[PDB]
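Okay, so here's the structure we're looking at.
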Amino acid sequence: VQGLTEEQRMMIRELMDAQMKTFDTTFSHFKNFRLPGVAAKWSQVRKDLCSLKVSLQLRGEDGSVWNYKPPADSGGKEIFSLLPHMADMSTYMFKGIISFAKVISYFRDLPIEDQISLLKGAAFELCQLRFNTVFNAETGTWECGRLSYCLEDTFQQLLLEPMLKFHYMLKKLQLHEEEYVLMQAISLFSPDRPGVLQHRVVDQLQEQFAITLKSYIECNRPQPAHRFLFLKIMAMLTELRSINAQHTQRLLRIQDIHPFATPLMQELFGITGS
Ligand SMILES: CC(C)(C)c1nc(-c2cccc(NS(=O)(=O)c3c(F)cccc3F)c2F)c(-c2ccnc(N)n2)s1
């Protein structure tokens, strides 16, 4: 509303427009995805994979329901059964993220080589930000339209896994749509991603997205619960970058022993094909 400059309001409008056009919140176009079948190293890969045990539910348009419960680790390959499905979901999410960036004027004006570097740097993080908006913290469930992913009761022991503590702590802030898309912009325009050339312009763009966020919070959120909301959000973005670097290493480890990354995932994670 008011309290923001015209450039700031236009900035938020452009991000909201881009989010509206490229985030399929009902996941209606996520289709033809794979499903789990009807050294050590392997030790590290086994703990890498048992962190996020999730059950899966699919509600058919006709009213039927399929439910999938994963196996326990039995020292064998059953730990890989969800990877093809998660790869297809990640790939679907990444395409929406790429379309989000491409619709935004500030991003489209950078050199293409820096566009690519920025997308490689932040695709994971924008994916997690979008998933948080469909996260139900009461049921521990990501509600993706006809699909649901539910954490398997194994509990603050779950809040020990950094991605999961991230989703609960971010949901707790009860952000608006505008604050989520500003979080996405700040993360997308990070001057320090590997291989970025235009450090100073990306940093100025980022600073302007951060300032718009701080001003949006100050003019629209006077309640004592939202004191320091801006700084809490920025601490969450720092944590999410840390989560990004751990899960990049985790993906490359799993990929080393059990290949699964899609071609789009390989491009974003720097896998060359040889
Ligand atoms: C749908 C739901 C339940 C919320 C999930 N999303 C992701 C998730 C979130 C963000 C990005 C990617 N895909 S990814 O390509 O970034 C990636 C993997 F697919 C696998 C391992 C690491 C990794 F970074 C994801 F799979 C999940 C995820 C993330 C990392 N590892 C595992 N095993 N699952 S689980």
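Residue numbering for chain A follows the PDB entry; the residues present correspond to positions 140-177, 196-311, 315-434, in that order. For the numbers below, each heavy atom of this structure counts, side chains included, while hydrogens, waters and symmetry mates do not. So how was this one determined? The header says X-ray crystallography, 2.3 Å. Whatever order the structure lists them in is the order used to number ligands and atoms, beginning at 1.
- Out of idarubicin, dabrafenib, alisertib, ivabradine, lumacaftor, the compound modeled at ligand 1 is dabrafenib.
- Within 4.5 Å of dabrafenib, most heavy-atom pairs belong to the chain that UniProt identifies as Nuclear receptor subfamily 1 group I member 2.
- Among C207, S247, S305, the residue whose heavy atom lies closest to atom 26 (F) of dabrafenib is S247.
- The ligand atoms of dabrafenib that sit less than 4.0 angstrom from a heavy atom of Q285 are 9 (C), 10 (C).
- The option with the heavy atom closest to atom 4 (C) of dabrafenib, from among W299, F292, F429, is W299.
- The proximity of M250 to dabrafenib, defined as any non-hydrogen pair under 4.0 Å, does not occur for either the backbone or the side chain.
- Residue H407 approaches dabrafenib through these ligand atoms, each under 4.0 Å from one of its heavy atoms: 22 (C), 23 (C), 24 (F), 29 (C), 30 (C).
- Each of the following atoms of dabrafenib lies closer than 4.0 Å to a heavy atom of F288: 1 (C), 6 (N).
- Residues of chain A near dabrafenib cluster mainly in UniProt domain NR LBD.
- Residue-ligand proximity, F281 to dabrafenib, at heavy-atom distances under 4.0 Å covers atoms 10 (C), 11 (C), 16 (O), 24 (F).
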